[PDB]
Asker: 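As an example, take this structure containing doxycycline.
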Amino acid sequence: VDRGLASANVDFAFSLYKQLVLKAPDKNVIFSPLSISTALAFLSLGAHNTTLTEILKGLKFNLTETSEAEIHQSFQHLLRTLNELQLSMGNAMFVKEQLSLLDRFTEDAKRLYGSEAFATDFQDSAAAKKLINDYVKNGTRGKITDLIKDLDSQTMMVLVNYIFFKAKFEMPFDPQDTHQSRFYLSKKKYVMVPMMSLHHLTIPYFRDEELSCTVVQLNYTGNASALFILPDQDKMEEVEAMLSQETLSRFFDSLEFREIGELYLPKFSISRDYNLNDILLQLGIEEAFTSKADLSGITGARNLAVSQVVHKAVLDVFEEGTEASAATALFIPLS
Amino acid sequence: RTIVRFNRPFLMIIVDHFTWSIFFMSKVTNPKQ
Ligand SMILES: C[C@H]1c2cccc(O)c2C(=O)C2=C(O)[C@]3(O)C(=O)C(C(N)=O)=C(O)[C@@H](N(C)C)[C@@H]3[C@@H](O)[C@@H]21
C-alpha cells in the first residue's frame with residue numbers, strides 16, 4: 001500500500017462528499033471518489049506548470065513529499081491491484097481522428113492508466129456520443145448507459161473512467177425475512193420501504209456515544225466491505241460535521257465483533273448524475289478550465305482546455321449483496 | 001440483545017482492505033429514490 005496515495009484519495013473523498021452535500025443537503029448521495037480521482041490523475045498526465053500543480057493539489061497530494069512520477073506510478077500500481085467478487089476499472093481517451101497527440105502521451109497513458117486511444121468523429125455528434133456511452137455500458141455491464149447526454153461538435157477529446165462492482169454478502173439476507181417497514185425521512189415524515197433483516201449476527205460493531213452514531217461493517221466475499229454509519233435520529237448533520245479521514249480511521253479502529261440481536265437494512269437502488277465544474281473550481285482546479293490551461297503534455301501545444309466534468313453513479317443493495325457502478329467524463333475542446 | 005435498525009438516513013461506504021480505497025460513498029436519505 002502506498003500510504004501517500006491512500007491518504008490523498010481518502011481526503012479527496014471527504015472533500016468531494018461535503019461539496020456534493022452542499023449542493024442539496026437533504027438528497028441521496030452516491031458517487032465513486034476513486035473514479036474521479038483516477039480520471040483527474042489521468043488528466044494531469046498531460047498537464048504542465050500551474051494547470052498541473054492545481055490538479056495534483058486538488059486531489060490532495062503534497063507535491064513536496066511526492067513527485068509527479070511517483071503519483072502516476074502509485075495509480076498504475078493501484079489500478080493493477082484492483083482489477084470471488086466482480087471488480088473492474090477502466091480508462092479511455094476518445095480523440096478527434098485528425099488530432100495530433102505526442103507519442104510519449106499515448107504510450108504513458110497506456111502504460112500507467114491502461115488507456116487506449118479511440119479515434120472519434122466528434123462533428124458527427126450523435127455517433128460519437130454512442131461510441132462513448134457504449135464503452136461505458138460495456139465497462140459497467142449495462143448499469144451506466146447515458147453518461148454522455150450532450151456533446152459539442154467541436155470537442156477534441158473526452159477522457160473517461162468507469163468502475164464496476166458486484167459482490168455477495170458473506171452473511172446474506174434471506175428474502176423470506178424482507179418486510180415492508182417504516183423509514184423516517186424525518187422525525188415527522190415516514191414511508192414504508194422493503195426492509196431486509198438478519199437474526200443473531202456477529203459483525204464488527206462500534207457505538208460512538210460522543211457522536212451519537214452506530215457503526216457496523218458488512219463484509220463481502222472478497223477483500224471488500226461496506227461500512228455503514230447510522231446516526232441517531234436528527235444527528236445526521238452532527239455526524240457529517242465530523243467526517244474526515246481521521247474520523248473514518250477511528251471508526252474502523254474501534255470496531256469489535258459483537259452479536260447483534262437483529263439488523264434491519266432497507267433494500268434500495270439509488271442513482272445520481274453530477275456536473276463537477278463548480279466543485280472542482282472550489283477545490284482549486286481553475287486554470288484547466290480557462291484559456292490559460294496548459295495541457296501541452298497531450299499534444300505538444302497549449303491547445304486544449306477542459307469544458308465539462310460529469311460523474312454518474314448507481315448503488316443497488318439487495319439480500320444477496322451489492323452492485324455499484326460509476327463513470328467520470330472530462331470534455332476537452334480546443335483552448 | 002442489541003438491535004441495529006436502518007430506518008432513518010444513514011451513510012454507506014464501500015471499501016477495499018487491500019488498497020485502503022473508498023470505491024463508493026453514499027448517503028441514503030430516502031430509499032424510495
Ligand atoms: C480498509 C481500511 C480502510 C479503507 C479505507 C479508508 C480507511 O480509512 C480505512 C481504514 O482506516 C482501515 C483501518 O484503520 C483499520 O482499522 C486498520 O488500520 C487495520 C490494520 N490492519 O492496520 C485493519 O486491518 C482493519 N481492522 C481494524 C482489522 C481496518 C481496515 O479494514 C480499514
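Here is the naming used below: chain letters follow the sequence lines, and residue numbers restart at 1 for every chain. One-based numbering, in listed order, for ligands and for the atoms of each. For the numbers below, each heavy atom of this structure counts, side chains included, while hydrogens, waters and symmetry mates do not.
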Asker: Of all chains near doxycycline (ligand 1), which one has the greatest contact count, and what is it called in the PDB entry?
Answerer: Alpha-1-antichymotrypsin
Asker: Which other chains show a non-hydrogen atom at a distance under 4.0 Å from doxycycline (ligand 1)?
Answerer: A, B
Asker: Define the binding site of doxycycline (ligand 1) with a non-hydrogen cut-off of 4.0 Å.
Answerer: A/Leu248, A/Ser249, A/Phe252, A/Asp253, B/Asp16, B/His17, B/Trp20
Asker: Is the closest protein non-hydrogen atom to atom 26 (N) of doxycycline (ligand 1) under 4.0 Å?
Answerer: no
Asker: Among all protein heavy atoms in this structure, tell me which lies nearest to atom 10 (C) of doxycycline (ligand 1), with the distance rounded to 0.1 Å.
Answerer: A/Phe252 CD1, 3.3 Å
Asker: Counting non-hydrogen protein atoms only, what is the nearest one to atom 23 (C) of doxycycline (ligand 1)? Give residue, atom name and distance.
Answerer: B/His17 NE2, 3.8 Å
Asker: Write down the PDB name of chain A.
Answerer: Alpha-1-antichymotrypsin
Asker: Indicate yes or no: does an N/O atom of B/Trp20 lie under 3.5 Å from an N/O atom of doxycycline (ligand 1)?
Answerer: no
Asker: Extract the source organism field for chain B from the entry.
Answerer: Homo sapiens
Asker: Might you check, step by step, whether the distance between atom 17 (C) of doxycycline (ligand 1) and some protein heavy atom is under 4.0 Å?
Answerer: yes
Asker: Tell me, which protein residue and heavy-atom name are nearest atom 6 (C) of doxycycline (ligand 1), and how many Å apart are they?
Answerer: A/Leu248 CD2, 3.8 Å
Asker: So, is A/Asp253 polar-close to doxycycline (ligand 1), with some N/O to N/O distance under 3.5 Å?
Answerer: yes
Asker: Using a 3.5 Å cut-off on N or O atoms only, is A/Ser249 in polar contact with doxycycline (ligand 1)?
Answerer: yes
